[PDB]
Amino acid sequence: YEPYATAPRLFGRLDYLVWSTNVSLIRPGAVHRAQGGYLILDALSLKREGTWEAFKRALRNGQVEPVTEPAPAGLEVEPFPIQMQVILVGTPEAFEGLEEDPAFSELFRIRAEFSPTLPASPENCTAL
Amino acid sequence: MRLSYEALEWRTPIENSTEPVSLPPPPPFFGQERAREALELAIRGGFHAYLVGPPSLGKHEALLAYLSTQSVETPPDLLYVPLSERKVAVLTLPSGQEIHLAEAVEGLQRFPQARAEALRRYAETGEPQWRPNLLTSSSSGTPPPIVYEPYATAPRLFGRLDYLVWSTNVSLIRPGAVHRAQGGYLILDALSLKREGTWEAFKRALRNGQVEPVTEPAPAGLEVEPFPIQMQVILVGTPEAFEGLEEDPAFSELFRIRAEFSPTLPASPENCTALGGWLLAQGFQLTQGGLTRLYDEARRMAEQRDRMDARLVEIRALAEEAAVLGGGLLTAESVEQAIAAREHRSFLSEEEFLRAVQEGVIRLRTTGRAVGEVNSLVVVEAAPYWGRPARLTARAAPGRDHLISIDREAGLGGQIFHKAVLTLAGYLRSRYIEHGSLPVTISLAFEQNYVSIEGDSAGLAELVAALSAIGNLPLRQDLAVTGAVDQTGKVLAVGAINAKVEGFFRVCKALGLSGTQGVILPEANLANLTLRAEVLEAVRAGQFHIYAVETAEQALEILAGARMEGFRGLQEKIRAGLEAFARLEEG
Amino acid sequence: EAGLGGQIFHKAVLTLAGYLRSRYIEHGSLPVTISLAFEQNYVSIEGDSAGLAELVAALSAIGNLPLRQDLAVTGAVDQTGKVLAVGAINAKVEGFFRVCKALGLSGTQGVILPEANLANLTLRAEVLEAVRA
Amino acid sequence: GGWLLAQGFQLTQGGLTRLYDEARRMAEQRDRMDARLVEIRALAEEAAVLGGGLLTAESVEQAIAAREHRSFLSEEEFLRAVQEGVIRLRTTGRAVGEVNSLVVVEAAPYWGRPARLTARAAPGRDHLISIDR
Ligand SMILES: *[B]([O])([O])[C]([C][C]([C])[C])[N]C(=O)[C]([C]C1=[C][C]=[C][C]=[C]1)[N]C(=O)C1=[C]N=[C][C]=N1
Ligand SMILES: *[B]([O])([O])[C]([C][C]([C])[C])[N]C(=O)[C]([C]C1=[C][C]=[C][C]=[C]1)[N]C(=O)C1=[C]N=[C][C]=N1
């Protein structure tokens, strides 16, 4: 669960030990850590951090690029087959920015909607 | 006219539901004769083309498969060579020939296109970045180069300069998509060109041959000569994505060939069979039942009994879900159940609405009779577009031909909604002239409506309610109504007719079905009724009724349970209300 | 008219008009100009839940009918003069109780509200005691 | 004609006449031709592919037809909706206060369509009401 969906947090980072860089200076982001499992992001953060389109490109095309700096040269990073299930979390309203994009319903086919209220029953009093 | 069950049934009969389907893959572009023949043209002429159609139709998958079948002369090798120590140019030789010359140069001639001198003075002056650069090479034009770059940034399109600490030279220049597509096809999404800001540089590439590798904000660099571009570009996008593009006269100049997908196909056995082989070639284990249910869901998606939705990516996404519910097997049940689960997963707002209706928090009648009241039908703004009844009231008082749309006056109704009310007015005034101008002020309200509403499809409901209020005619509350009207009192086709009928059924069912409920709708919309199974059963059972009409008075006779003429009919009761209102109006 | 009421508020007034005009037709069109004001209101107001209060006040003004001031009212109305459910019904009842109590409870105060809202009354303990008392 | 040959086309008299007459029709004037040489060439490029490299009358009439086909989806939809009675149009009989007016669709290539127009007359005080307006 990465609540703060910035490009370095999602995709990883290149460090440069003074410049060069190479395979072993590349740090993983959340997308690397969630392979073979679940990555959870908040829909508000994707919109607020501006990372929605890069994130689609990650899921639609396998492009996951570690973040570089504005200085001198760098590495081509090959796209890999992504192996993970993403769950986005947010309010009915937070998904509205997302849902104007036909790519969203294409990628997130399963809606899991909470009711704002439950039946007032002895069983729910006991659960509470 | 009454619509029997037999008239409403639209589904494909299934024989041997469980039998495995076995069918060959259809060609790319099946059902899409227009876009295939535009693309064949563009391929035959070297023209650049654009593939236009709604999202989730499968346009990129069809394009890439169709491009795989093509064949061209093997592409020349592709290089940057130095024309100087601060200058480069792009060169084509004949193929394979730069593994030579890498070393022929490496003696640090024949190869007659590799002219520019221009190397030739490090002994003339002892002066202490010259080896040619291979961008690409390949062994045949079969398949031809096919480069789909979804992310159209300047480095991705045009290549990049790296600087190994600063200098740089020929051999630090990396190719972009434009270099890789030479001698073949480059595919870009129209949305990406606009979003990455790369449309003008891209034109300059195609119009002027300027292809500049991206540099950094630091210290100096290379002039890069413009080369003769050798490639066909296909852009892909929706009808809307090309609109930003099309305000630019350069776009239609460069992309002369439009390849437009239809959003629907004919619903024929040939397209059902194509769909079936397409699914198997995608990997599904499919049964005849699952195939029929998917084909009939595609017709219902299209809201037309005669057409199927052409969006192959949507059909697959639903078969993916069905396949999980069938334990890996794509069956009739798994598909009807994947459908039901989608509705359940979006049904919270309806579950709330139904409960508020059951508690009387929303006041609705689905039985009895009332004057000047009608269940009109609306479709909820957010997907998946559930329909609901909306109570509509009309009240008539003595006054000076005013038709008052309360919703329109309070700022809740749109322009099309307003137009329907104006058109009703036009009908009323002109149809009832005995007293001069109409002696009544009618007001119409959508009783529990808190949001903006738009559309003309409540015109019929409004006009019946107004006529009822004029004539004091009790109307059945067990029948809901949708339909537009023209000034001549003719009923016209409306949208979302499945969601409207079904949403009245759902309200009737949560309140307990009385046996006589149903919906009156445009005769013009028969070919759009592709009703869910539960409604068709209820109609077959006698427990729900659909009436299609051509005129507003036909709807009023049904709701008032009387004839307009045969005179103790309705028309004389309307005229008597109007005479009553005309007398009240002069003391 | 002064720009303080919203569109839904305006809709309630239009709907009341529809009710009045159509319910009282003996003279032709209604022989009265009614004006309605929220006396000390300085801000924008919105909602349909004062329709009932507005329509009773207008009927009272037509007929010169003295109305009890010890009972407050909330409720929307439709064109047929039916009372419809409104929001925030606990806060409305309780806030009248609080004003009655700070002024000294007379014994006869209370609130008239939609039958449609019974299942939303979950009133605080102090109000239920006062009703019990 | 000499401009096309100097551009490299293999042109026949038929292809040349059909191109010149398409330029007049482009201009919408029998007396004038469209002066846009780059458009005329782009169409002759397409004709030349359909003529197997030869610019003939047929290849030009057929390049014209293929352009219309490639943009004809919206008309194919409109025609089908008209045939199904989803759009209500009459093209025979008579009717009072009804006329087929004609409009041109906003997006290129500017297809024309009939649009049913109705007028209704009632007794009243010199008002001409444009509902659409
Ligand atoms: B009919 O189809 O024209 C009908 C007319 C009547 C209810 C006023 N209209 C609607 O069903 C419209 C369809 C629509 C949906 C989304 C955007 C625009 C139009 N629905 C509504 O107007 C609507 C709006 N808000 C909430 C619920 N319904
Ligand atoms: B006529 O040429 O003046 C005619 C008048 C009538 C139909 C109202 N007008 C049109 O044909 C106009 C031409 C036009 C096209 C594009 C922009 C502006 C004007 N067409 C339309 O108004 C029109 C608009 N939207 C859809 C279809 N047609």
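Every chain is numbered from 1 and lettered A, B, ... according to where its sequence line falls, protein lines coming before strand lines. We show just part of the entry here, counting contacts only within that part. Whatever order the structure lists ligands and atoms in, that order sets their numbers, starting from 1. What you see below is based on every heavy atom in this structure, not just the backbone, and it leaves out hydrogens, waters and symmetry mates.
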(Q) Could you check ligand 1 and tell me the drug name? (A) bortezomib (bound form)
Q. Which macromolecule here is the main partner of bortezomib (bound form, ligand 1) by heavy-atom contacts, as listed in the PDB entry?
A. TTC1975 peptidase
Q. Which chain letters have at least one heavy atom nearer than 4.0 Å to any atom of bortezomib (bound form, ligand 1)?
A. B
**Q.** Residues near bortezomib (bound form, ligand 1), heavy-atom distance under 4.0 Å
**A.** B:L377, B:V378, B:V379, B:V380, B:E381, B:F417, B:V451, B:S452, B:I453, B:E454, B:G455, B:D456, B:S457, B:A458, B:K500
Q.
Distance under 4.0 Å to a non-hydrogen atom of B:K500: what atoms of bortezomib (bound form, ligand 1) satisfy this?
A. 1 (B), 2 (O)
Q) For atom 18 (C) of bortezomib (bound form, ligand 1), is the nearest protein heavy atom under 4.0 Å away? A) no
**Q.** Entry-listed organism of chain B
**A.** Meiothermus taiwanensis
Q | Identity and separation of the nearest protein heavy atom to atom 5 (C) of bortezomib (bound form, ligand 1) | A | B:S457 OG, 3.0 Å
Q. What residue and atom does the deposited model show forming a covalent bond with bortezomib (bound form, ligand 1)?
A. B:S457 OG
Q. In terms of atom number and element, which parts of bortezomib (bound form, ligand 1) are under 4.0 angstrom from non-hydrogen atoms of B:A458?
A. 5 (C), 6 (C)
Q. Looking only at protein heavy atoms, which one is nearest to atom 24 (C) of bortezomib (bound form, ligand 1), and how far off is it?
A. B:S452 O, 3.1 Å
Q: Find all atoms of bortezomib (bound form, ligand 1) within a distance of less than 4.0 Å from any non-hydrogen atom belonging to B:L377, and give their numbers and elements.
A: 7 (C)
(Q) I'd like to check whether B:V379 has a polar contact with bortezomib (bound form, ligand 1), where a contact means an N/O of the residue lying under 3.5 Å from an N/O of the ligand. (A) yes
**Q.** Heavy atom of the protein closest to atom 22 (O) of bortezomib (bound form, ligand 1) (residue, atom name, distance)
**A.** B:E454 N, 3.0 Å
(Q) Show the atoms of bortezomib (bound form, ligand 1) that are less than 4.0 angstrom away from any heavy atom in B:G455. (A) 3 (O)
Q. Against heavy atoms of B:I453, which atoms of bortezomib (bound form, ligand 1) measure under 4.0 Å?
A. 22 (O)
Q | Where bortezomib (bound form, ligand 1) meets B:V451 - atom numbers and elements under 4.0 angstrom, heavy-atom basis | A | 25 (N), 26 (C)
Q.
Are any of the N/O atoms on B:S376, whether in the backbone or the side chain, positioned under 3.5 angstrom from an N/O atom of bortezomib (bound form, ligand 1)?
A. no
Note every protein N or O atom lying under 3.5 Å from an N or O atom of bortezomib (bound form, ligand 1), pairing the names and giving the distance.
| residue | atom | partner | partner atom | Å |
| --- | --- | --- | --- | --- |
| bortezomib (bound form, ligand 1) | 2 (O) | B:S457 | OG | 2.4 |
| bortezomib (bound form, ligand 1) | 2 (O) | B:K500 | NZ | 2.9 |
| bortezomib (bound form, ligand 1) | 3 (O) | B:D456 | N | 3.3 |
| bortezomib (bound form, ligand 1) | 3 (O) | B:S457 | N | 2.9 |
| bortezomib (bound form, ligand 1) | 3 (O) | B:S457 | OG | 2.3 |
| bortezomib (bound form, ligand 1) | 9 (N) | B:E454 | O | 3.1 |
| bortezomib (bound form, ligand 1) | 11 (O) | B:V379 | N | 2.8 |
| bortezomib (bound form, ligand 1) | 20 (N) | B:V379 | O | 2.9 |
| bortezomib (bound form, ligand 1) | 22 (O) | B:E454 | N | 3.0 |
| bortezomib (bound form, ligand 1) | 25 (N) | B:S452 | O | 3.2 |
| bortezomib (bound form, ligand 1) | 28 (N) | B:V379 | O | 2.9 |

